[PDB]
**Student:** 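Alisporivir + Peptidyl-prolyl cis-trans isomerase, experimental structure. Questions below.
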Amino acid sequence: XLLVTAXXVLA
Amino acid sequence: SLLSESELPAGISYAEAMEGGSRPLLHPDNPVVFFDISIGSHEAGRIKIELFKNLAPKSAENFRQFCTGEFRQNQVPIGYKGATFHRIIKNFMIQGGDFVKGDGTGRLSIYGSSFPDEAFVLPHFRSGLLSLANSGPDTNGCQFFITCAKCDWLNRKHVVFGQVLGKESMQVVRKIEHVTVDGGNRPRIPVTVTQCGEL
């Protein structure tokens with residue numbers, strides 16, 4: 001997918 | 001508190017920001033900071049950033065201190081000097097600011113580990129905006145992203161707290177955005193903030 005996380009990066 | 005595009009304040013359209021120099025456009029007391037960027041060992045240019053203290057004071061001040069060296073742990077400054085961009089997704093955004101570990105795990109702020117979301121006033125309505133990376137509600141830290149396209153699906157989940165100023169800033173953003181990446185969207189050659197400060 002298009003998220004902007006810090007730790008568990010997802011699609 | 002989210003504003004629609006028709007309700008946006010003066011000074012934050014793409015055209016307005018590209019006319020910006022070293023002084024803020026949205027509010028006269030907004031700080032302007034800069035990053036000098038190296039792509040590998042090549043100086044790529046400067047990104048100038050207005051921080052929207054008028055709309056997101058805690059988020060702006062966190063970023064500002066990390067640019068100037070004013071935040072210390074037991075007298076040792078820590079911040080964005082030497083920090084990298086560890087996740088780059090063409091046509092989406094460039095993500096960086098993990099000075100802790102350089103891999104996306106860093107979660108330190110000037111307030112402690114994490115700090116709350118301020119009001120979600122501005123949408124991710126265009127390229128060239130600064131927004132907080134997080135891992136869910138109220139988990140802001142040191143990481144950030146610069147939008148490389150509109151990303152309104154992030155609205156009300158990430159605080160938009162600044163904008164790049166001037167055409168050179170966006171040229172540098174586009175250069176970073178287009179570097180070769182691995183399967184995890186990590187650049188194959190490092191992208192580093194070699195110098196940073198306040199203007």
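Sequence lines set the chain letters: A, B, ... in the order given, protein chains first and strands last, and positions in each chain run from 1. Non-standard residues take their parent's letter or X, and their extra atoms are not counted toward contacts. Values reported hereafter were calculated over all heavy atoms of this structure, with side chains retained and with hydrogens, waters and symmetry mates removed.
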**Student:** Which parts of this structure should be attributed to alisporivir?
**Tutor:**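 Including duplicates, the model places it at chain A.
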**Student:** I'd love to know the name the PDB entry uses for chain A.
**Tutor:**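 Per the entry: Alisporivir.
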